[PDB]
Enquirer: 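I have a structure I would like to understand better, so I am pasting it below and will then ask my questions one at a time.
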Amino acid sequence: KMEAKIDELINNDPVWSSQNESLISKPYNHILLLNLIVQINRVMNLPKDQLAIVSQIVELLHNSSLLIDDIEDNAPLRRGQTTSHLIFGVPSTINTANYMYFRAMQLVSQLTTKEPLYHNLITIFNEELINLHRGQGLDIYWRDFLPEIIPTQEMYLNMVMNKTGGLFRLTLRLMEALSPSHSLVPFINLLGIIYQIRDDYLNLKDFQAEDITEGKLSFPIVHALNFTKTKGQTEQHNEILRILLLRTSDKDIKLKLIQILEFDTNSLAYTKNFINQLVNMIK
Amino acid sequence: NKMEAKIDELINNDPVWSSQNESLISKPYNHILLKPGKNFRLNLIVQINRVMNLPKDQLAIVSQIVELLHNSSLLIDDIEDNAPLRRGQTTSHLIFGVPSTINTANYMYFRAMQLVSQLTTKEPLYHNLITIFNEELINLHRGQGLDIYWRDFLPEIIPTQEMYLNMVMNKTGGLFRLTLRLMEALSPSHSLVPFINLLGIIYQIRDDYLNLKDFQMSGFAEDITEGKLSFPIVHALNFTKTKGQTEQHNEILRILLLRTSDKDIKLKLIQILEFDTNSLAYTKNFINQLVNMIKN
Ligand SMILES: O=P(O)(O)C(O)(Cn1ccnc1)P(=O)(O)O
Ligand SMILES: O=P(O)(O)C(O)(Cn1ccnc1)P(=O)(O)O
Ligand SMILES: [Mg+2]
Ligand SMILES: [Mg+2]
Ligand SMILES: [Mg+2]
Ligand SMILES: [Mg+2]
């Protein structure tokens, strides 16, 4: 009888239920608690149904990438709410995030069955996910190996072209390949750089600032470090490095670094200016 | 304008990635490569090839893909299981940190995916190979998802033997089937899926079993420390509940939830499976029976 039961088991597809699906989706639904795509669809005109799938794909990749990003950055909050890994644990959250990457991958074959186009859609998805990981890997490396390597502005920019530019290009490239109708890739790349630098800027600017606790080589920090190095302001250079290495939650210490950035290096205004220029390129 | 020029060149080009960059983020992965065991996984592919007859060329790429997926899944598994050691060596995440290890492992899943397109230039076939790849990685994550949920939310769910077996069909069967199905799909030459599923089940129950048996004889019985609903444990929990051994049932749950490294506590739990629930003999026997299904 044992053999009978085993025989039936190995000759069938693996058993997966609706209820199993729900257990596994808990970390993902918790982060659940588009107009950019619509707007762009005015140039691409994908039929509405197709656009729904592309959109579903983008939401999966995007949400899964944040679930893992929060474990990677040891983030306690996301949009004011407790992060999924603190509620469901790191194990379930990694696994669920990764599962949705592959679920997102499956939705791609439902965008088209035309064999030439399908290969292209998979190559786009694969290439940009590879880029998201390269950029994320460099961002993480710099932070965790600090002070081994202090990136320059140019190195930061290439990291961003991958870490943030990847999913922006993934959405845009899929729509341009599926479009019935110049590439807007350069534009979406620029959008990605502005979005990231503004993310870094705002994180400090609104502190009145988790990036400090995280110890990330943000755009303002990269400017401050290279400015102090260039001016041979040894003590200020080292004090910035010392605070980031503290992985501190102390607001008084966070404010202290913000002041080095405000008063010694003027990195905030410098970053403010940089963003305004990127934005002007478009205007 | 010099800035706008530089910005213009940046956004009108592919992103810049260097081999130095590539090396720097491959650290967690390169570390697990030192662990031995490759030859055997290769032997499996070779033996299977005697039936499939893939040219050596293609078989080589099938193997690179399987190795990348296997090592990447073990990097993540050790983070998930809080494992200190893998093949007598310190785990990548304890050395390079969880963030780099997760990112690197996931990066390697996408590099493996990329290799699939080196298996053929024919669009129909390519589409089936990518679907197999996609389906079985979805299966790997479904299985891991349950093993991990049962363990971390214990005692919310006490799996039965049947549930354990369905989770293993996904958790381990997934990569066994991935390898075989890519090969069957590539073969110029009945499906071996049922066989490879049995192989995976024997593989997993034996891994669960040896983990306790080696410690009871000499191993670390790290599955007790991890809290894993192993095959022996699932049997003991269901046996105790059925036989009315309330205290034993509860003590088994309590020891799993301590996440303990104390050797005597681990040995007390193993001797409970030995003498009180007889879960060890039951497992040895269950294994032997599955092995006879093949030998006979
Ligand atoms: O600062 P990060 O790069 O981690 C972030 O922008 C996420 N992210 C990840 C990749 N690109 C951006 P978030 O501030 O949302 O935590
Ligand atoms: O016990 P696990 O399932 O975690 C294991 O077998 C790995 N694994 C992961 C998925 N299937 C098997 P290992 O004992 O090598 O840690
Ligand atoms: Mg973050
Ligand atoms: Mg991050
Ligand atoms: Mg493990
Ligand atoms: Mg495991």
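Heads up: chain A is whatever sequence line comes first, chain B the next one, etc. Since chain A takes its numbers from the PDB entry, the residues it shows come out as 5-37, 45-192, 197-223, 231-305. Note that chain B carries the PDB entry numbering, so the residues on display, from first to last, are 4-192, 197-225, 229-306. In listed order, ligands and their atoms are each counted from 1.
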Enquirer: Mind telling me the name of the drug at ligand 2?
Expert: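 Found there: zoledronic acid.
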Enquirer: What is zoledronic acid (ligand 2) bound to here, taking the chain with most contacts and naming it as UniProt does?
Expert: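 Per UniProt, the chief partner is Geranylgeranyl pyrophosphate synthase BTS1.
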Enquirer: Which other chains have one or more heavy atoms under 4.0 Å from any atom of zoledronic acid (ligand 2)?
Expert: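 Within the heavy-atom cut-off of 4.0 Å: B.
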Enquirer: Check whether any N or O atom of B:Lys174, backbone or side chain, sits under 3.5 Å from an N or O atom of zoledronic acid (ligand 2), and answer yes or no.
Expert: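 For zoledronic acid (ligand 2), there is an N or O atom that lies under 3.5 Å from one belonging to B:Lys174.
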Enquirer: Please list the nearest protein heavy atom to atom 14 (O) of zoledronic acid (ligand 2) with its residue and the distance rounded to 0.1 Å.
Expert: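 Checking every protein heavy atom, the shortest distance to atom 14 (O) of zoledronic acid (ligand 2) gives B:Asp214 OD2, 2.8 Å.
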Enquirer: Would you mind finding which of B:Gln211, B:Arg89, B:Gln147 brings a heavy atom closest to atom 10 (C) of zoledronic acid (ligand 2)?
Expert: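 Answer by nearest heavy atom: B:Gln147.
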Enquirer: With zoledronic acid (ligand 2) as the reference, which other ligands or ions fall inside a cut-off of 4.0 Å?
Expert: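 Found ligand 5 (magnesium ion), ligand 6 (magnesium ion).
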Enquirer: Please indicate whether any nitrogen or oxygen in B:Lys238 is less than 3.5 Å from any nitrogen or oxygen in zoledronic acid (ligand 2).
Expert: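 By distance alone, the answer is yes.
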Enquirer: Would you look up which organism the entry lists as the source of chain B?
Expert: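 The PDB lists Saccharomyces cerevisiae.
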Enquirer: Please list every residue in chain B that UniProt marks as binding Mg(2+) and that has a heavy atom under 4.0 Å from zoledronic acid (ligand 2).
Expert: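 Among the UniProt binders, by heavy-atom distance, it comes to B:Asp80, B:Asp84.
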Enquirer: Any chance you could list the binding-site residues for zoledronic acid (ligand 2)? Cut-off is 4.0 Å, heavy atoms.
Expert: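 With non-hydrogen atoms counted, the site is B:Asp80, B:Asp84, B:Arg89, B:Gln147, B:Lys174, B:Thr175, B:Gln211, B:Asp214, B:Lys238.
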Enquirer: Give every pair formed by an N or O atom of zoledronic acid (ligand 2) and a protein N or O atom closer than 3.5 Å, one pair per line with both atom names and the distance to 0.1 Å, or write none.
Expert:
unit_1                     : atom_1 : unit_2   : atom_2 : d
zoledronic acid (ligand 2) : 1 (O)  : B:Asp214 : OD2    : 3.3
zoledronic acid (ligand 2) : 1 (O)  : B:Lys238 : NZ     : 2.8
zoledronic acid (ligand 2) : 3 (O)  : B:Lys174 : NZ     : 2.9
zoledronic acid (ligand 2) : 4 (O)  : B:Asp80  : OD1    : 3.1
zoledronic acid (ligand 2) : 4 (O)  : B:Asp80  : OD2    : 2.9
zoledronic acid (ligand 2) : 4 (O)  : B:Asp84  : OD2    : 2.8
zoledronic acid (ligand 2) : 6 (O)  : B:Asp214 : OD2    : 3.2
zoledronic acid (ligand 2) : 11 (N) : B:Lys174 : O      : 3.2
zoledronic acid (ligand 2) : 11 (N) : B:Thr175 : OG1    : 3.4
zoledronic acid (ligand 2) : 14 (O) : B:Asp214 : OD1    : 3.4
zoledronic acid (ligand 2) : 14 (O) : B:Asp214 : OD2    : 2.8
zoledronic acid (ligand 2) : 15 (O) : B:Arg89  : NH1    : 2.9
zoledronic acid (ligand 2) : 15 (O) : B:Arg89  : NH2    : 3.4
zoledronic acid (ligand 2) : 16 (O) : B:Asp80  : OD2    : 3.1
zoledronic acid (ligand 2) : 16 (O) : B:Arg89  : NH2    : 3.2

